[PDB]
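Contents of the following structure include climbazole.
For reference, chains are lettered A, B, ... following the sequence lines as listed. So for chain A, numbering is the PDB entry's, and the shown residues are 1-306, in order. Numbering, chain B: per the PDB entry, residues 1-306 in sequence. Only this structure's heavy atoms are used, side chains among them; waters, hydrogens and symmetry mates stay out. Whatever order the structure lists ligands and atoms in, that order sets their numbers, starting from 1. So how was this one determined? The header says X-ray crystallography, 1.5 Å.
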2 protein chains.
Amino acid sequence: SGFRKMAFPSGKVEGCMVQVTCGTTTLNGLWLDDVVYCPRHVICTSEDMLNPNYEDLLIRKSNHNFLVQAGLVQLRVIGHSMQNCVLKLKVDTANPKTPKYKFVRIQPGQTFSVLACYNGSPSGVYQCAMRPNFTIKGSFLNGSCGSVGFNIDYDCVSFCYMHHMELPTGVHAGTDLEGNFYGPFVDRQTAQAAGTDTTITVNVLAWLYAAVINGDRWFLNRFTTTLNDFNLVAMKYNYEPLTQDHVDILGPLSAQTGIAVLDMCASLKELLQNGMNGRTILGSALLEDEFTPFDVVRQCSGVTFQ
Amino acid sequence: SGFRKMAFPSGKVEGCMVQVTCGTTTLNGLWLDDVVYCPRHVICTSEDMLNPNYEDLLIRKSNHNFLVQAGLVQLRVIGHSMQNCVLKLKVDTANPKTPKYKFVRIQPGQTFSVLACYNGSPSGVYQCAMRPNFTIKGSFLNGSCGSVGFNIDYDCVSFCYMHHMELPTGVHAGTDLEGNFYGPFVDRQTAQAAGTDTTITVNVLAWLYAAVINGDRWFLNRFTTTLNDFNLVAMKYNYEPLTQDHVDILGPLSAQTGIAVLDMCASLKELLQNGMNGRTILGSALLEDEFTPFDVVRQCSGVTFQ
Ligand SMILES: CC(C)(C)C(=O)[C@H](Oc1ccc(Cl)cc1)n1ccnc1
Ligand SMILES: CC(C)(C)C(=O)[C@H](Oc1ccc(Cl)cc1)n1ccnc1
């Protein structure tokens, strides 16, 4: 019993972290097979970041300008290229610790673990979600760029995020491993602001199921609702509209607990309209939205990984 | 910027997890050098757990009754002994992945990371604290016993917890790596209940400093207090008494922010008496107490680990 914000074990990703230095800038890279992936802004000065022309800046860089270090051992760079907002640095040695892996582009609402690193060295691991506004709420200091987010299924690491930017409001933006930003963000220091931080309704419902499984049931009520009635309340509270697809995804948790999805929606509706009245659910005083249905099933059943 | 509940990278501990089976019971063990540590209740049936005589049950077990498996490879058990509530299974092969390590017995209020495992395989990592009542609030299912808690300083893993028991109220009890339970708990299925779950005041204050560092400052007020006046309020709210030692430990965070410790105490006092008024601090609607002062400094400065 018990339900915690849980990250994937980080060891398979730790073995892939390197330090990348270009001129005066040091950040992290991800070493998989014979390629190191890192943010293209490694080539910028702080001055450059206001209005960088990456293609032009890159002309002045050769393979030997990209210093790649794995622990205390230097890697030899034999080629480099820009793909969208990442650089791919070809090295002469395949990472002997390369796990089975895939590159995935996730949808808003999906969760993942972040291995925060500095100077190629892991500092901590924590769980995030891709927000509906395409930011993430991370913990990233200067030097953390190039840290990655990932999910694991058994023995395969699916990398879904590389960290690039902090907005002036303290939230975070980044790319998939093909170098395409999530949402509308760019690797320039400009006036870009995040849109509404909508609550991920299907995840809140999953977490309410987790609460019931783990003994917290005070919020269950005598009511039901419909998708359309619930969504009229979801809209008022800046919740994502709940779809039939979301209902179907909650099916297994509905079956395990015997609580119909629309009944749980009615419990959530009452929580939104009435608040918590100073009570808690799974040690939280707000409605948690960074557990997916699959996260809840995984943690409540004990799924492990090679 | 940003502040997250962050666990240590788990790779060094992943390399130490094995599966231990004795008769019909399977749980996790920790393999360091040529010794595997695991809970002594591996030798019990579910029936035995009501009133086990461990010394007597152990008589019926030989080295070959302890099946130890590291991934898909079996380890040879050449000796075994009971030390308090753990078994030490001597194996004929030193773990080649043994990190630098220490065994530490932590104080209530100190935090640590847990690598939850099943069948010797890591499932997730999360952050915990030793509560003032000597429980921890974890996420542990059947088969998770033998999962460990730990801290890392650079390249050395300090193991501080091994999981043994779930109380009927859903909180968790366990031992240090010498096999001594934290608090008054025992490895028997009996009526043992946890005492008051007191809030770790020094950790709440550390987290309020983290909030200020990261931009959340609405709760700063015009007031100050004294230790004795604050503690009269701490007592009413089931907070641990704040000592001069705690004040001294907060010194660095006080210096970084320029907010005197007793001023932050006065802010906390107002939060306790008035509540949050529906506001949040670092994405929380309650006062978080599972970050230590050292955790806050570490995460706010970017300390990494070999
Ligand atoms: C943007 C998205 C995810 C909808 C997309 O178009 C996706 O392409 C990828 C992009 C980045 C990676 Cl890392 C992986 C796939 N896709 C291709 C074919 N069907 C879907
Ligand atoms: C119980 C405690 C922590 C106060 C204690 O007595 C401690 O002993 C240990 C016990 C378990 C481990 Cl894992 C490590 C040390 N100690 C010895 C000498 N001074 C302090």
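Measured by close contacts, the chief partner of climbazole (ligand 1) is listed under the PDB entry as 3C-like proteinase. Going by heavy atoms, the other chains that come closer than 4.0 Å to climbazole (ligand 1) are A. Atoms of climbazole (ligand 1) lying under 4.0 Å from at least one heavy atom of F103(A), given by number and element, are 13 (Cl), 14 (C). Within a 4.0 Å radius of atom 1 (C) of climbazole (ligand 1), the protein contributes at least one heavy atom.
The presence of a protein heavy atom under 4.0 Å from atom 19 (N) of climbazole (ligand 1) is ruled out.
Numbered from 1 in the order shown, with element, the atoms of climbazole (ligand 1) that lie under 4.0 Å from a heavy atom of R105(A) read 1 (C), 2 (C), 3 (C), 10 (C), 11 (C), 12 (C), 13 (Cl), 14 (C). By UniProt annotation, the domain of chain A with most residues touching climbazole (ligand 1) is Peptidase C30.
Protein heavy atoms all stay at least 4.0 Å away from atom 5 (C) of climbazole (ligand 1). For atom 12 (C) of climbazole (ligand 1), the nearest protein heavy atom lies under 4.0 Å away. For climbazole (ligand 1), the atoms closer than 4.0 angstrom to any heavy atom of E178(A) are 10 (C), 11 (C), 12 (C), 13 (Cl), 14 (C). Checking UniProt active-site residues of chain A against climbazole (ligand 1), the nearest one by heavy atoms (to 1 Å) is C145(A), 17 Å. Residues with a heavy atom within 4.0 Å of climbazole (ligand 1): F103(A), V104(A), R105(A), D176(A), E178(A).
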